[PDB]
*Asks:* 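Please take a look at this structure featuring furosemide.
Just so it is clear, chain A uses the PDB entry numbers, and the residues here are 4-125, 127-261, in order. These numbers come from the heavy atoms of this one structure, side chains and all, not from hydrogens, waters or symmetry mates. For this deposited structure, the header notes the method as X-ray crystallography, 1.1 Å. Atoms within each ligand, like the ligands themselves, are counted from 1 in listed order.
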Amino acid sequence: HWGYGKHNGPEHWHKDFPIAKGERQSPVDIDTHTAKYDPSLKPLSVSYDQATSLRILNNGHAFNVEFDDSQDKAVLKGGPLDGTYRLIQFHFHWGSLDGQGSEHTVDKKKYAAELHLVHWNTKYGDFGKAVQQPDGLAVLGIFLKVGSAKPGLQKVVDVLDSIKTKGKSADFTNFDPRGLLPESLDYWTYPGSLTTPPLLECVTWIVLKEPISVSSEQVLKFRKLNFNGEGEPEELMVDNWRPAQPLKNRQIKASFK
Ligand SMILES: NS(=O)(=O)c1cc(C(=O)O)c(NCc2ccco2)cc1Cl
Ligand SMILES: [Hg+2]
Ligand code: NA
Ligand SMILES: [Zn+2]
């Protein structure tokens, strides 16, 4: 099965998922001097007041915090997007040490981690239909650097003990994802893909310029999770990031001057 190790990591994924070598793969390096300001881009509208989180799951590659997406509650609109995109889950990618872990890079800089808030385009009715469309998904990406603690992350950190191994889940209601956002909503945007198999080319990426700070203790707890299931040899869940992929014939646009 695919993973992040020597024998099943990103360099192998193309064998089962040939789109890994496709024309709009993610992540990418954001070259800040080539990304052009686009005055036609709109402010991002993040409407999370009515979010209903349900559960947190260790899926064997990361952990997902899942939301009720059965009705318009937490939605992303504006920015580069046409229409309304509903929040379905968020997860992170992170490193074994603070100097790596992000998927996107900024002028080749790797952050300690990267948060992905995954949303699907409601014009397609359900997530499964949305991932058959080139504008089916919008992912809001937020970099994490190590410094001061992020208070809004601590509830996540504190439940991880209970989902140590693949396939474990726990109730995770009443979590407010607004507490994971930075001050500024300035962003870069480009067309891309899932960064995990099946690597589907459905995503409008919206990557915030401003990182959030989290404490060393917070990210250290991420690194105590396990890729393996209960009763199997312990493989720490670290370095669950895909490296930057070729930009090809794409443009990265900046929302800010
Ligand atoms: N890392 S990511 O944000 O590109 C991402 C990552 C994952 C993930 O499973 O880690 C994911 N799972 C849902 C799924 C299944 C088929 C299409 O989307 C979706 C996305 Cl967009
Ligand atoms: Hg997995
Ligand atoms: Na450009
Ligand atoms: Zn992701």
*Asks:* Which components of the model belong to furosemide?
*Replies:*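 Check ligand 1.
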*Asks:* Which macromolecule in this structure makes the most heavy-atom contacts with furosemide, going by the name UniProt uses?
*Replies:* Carbonic anhydrase 2
*Asks:* Working on a figure here: which residues of other chains come under 4.0 Å of furosemide (heavy-atom distance)?
*Replies:* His64, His94, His96, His119, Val121, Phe131, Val135, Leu141, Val143, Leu198, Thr199, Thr200, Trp209
*Asks:* Which furosemide atoms, with their elements, are less than 4.0 angstrom from a heavy-atom of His119?
*Replies:* 1 (N), 2 (S), 3 (O)
*Asks:* Which of the UniProt-annotated residues for substrate binding in chain A lie within 4.0 Å of furosemide, counting only non-hydrogen atoms?
*Replies:* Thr199, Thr200
*Asks:* List furosemide atoms under 4.0 Å from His94, heavy atoms only on the residue side.
*Replies:*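 What qualifies from furosemide is 1 (N), 2 (S), 3 (O), 5 (C), 6 (C).
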*Asks:* If you measure every N or O of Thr199 against every N or O of furosemide, does any of those distances drop under 3.5 Å?
*Replies:* yes
*Asks:* Please state which Zn(2+)-binding residues recorded by UniProt for chain A are within 4.0 Å of furosemide (heavy atoms only).
*Replies:* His94, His96, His119
*Asks:* Which of the other ligands and ions shown lie less than 4.0 Å away from furosemide?
*Replies:* ligand 4 (zinc ion)
*Asks:* Of the protein's non-hydrogen atoms, which lies at the shortest distance from atom 6 (C) of furosemide, and what is that distance?
*Replies:* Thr200 OG1, 3.3 Å
*Asks:* Relative to furosemide, which UniProt active-site residue of chain A is closest, and at what minimum heavy-atom distance to the nearest 1 Å?
*Replies:* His64, 3 Å
*Asks:* How close does the nearest protein non-hydrogen atom get to atom 12 (N) of furosemide, and which residue and atom is it?
*Replies:*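 Residue, atom and distance for the closest contact: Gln92 NE2, 4.1 Å.
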*Asks:* Below 4.0 angstrom from a heavy atom of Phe131, which furosemide atoms are there? Numbered from 1 as shown, please.
*Replies:* 13 (C), 14 (C), 17 (C), 18 (O)
*Asks:* Show me which atoms of furosemide lie under 4.0 Å from any heavy atom of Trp209.
*Replies:* 3 (O), 4 (O)
*Asks:* Could you list the atoms of furosemide found under 4.0 angstrom from a heavy atom of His96?
*Replies:*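 Furosemide atoms under the 4.0 Å threshold to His96: 1 (N).
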*Asks:* Please write down residue, atom name and distance for the protein heavy atom closest to atom 20 (C) of furosemide.
*Replies:* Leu198 CG, 3.6 Å
*Asks:* I'd like to check whether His64 has a polar contact with furosemide, where a contact means an N/O of the residue lying under 3.5 Å from an N/O of the ligand.
*Replies:*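 Yes: some nitrogen or oxygen of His64 is under 3.5 Å from one in furosemide.
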*Asks:* Which single UniProt domain of chain A covers most of the interface with furosemide?
*Replies:*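 The answer is the UniProt domain Alpha-carbonic anhydrase.
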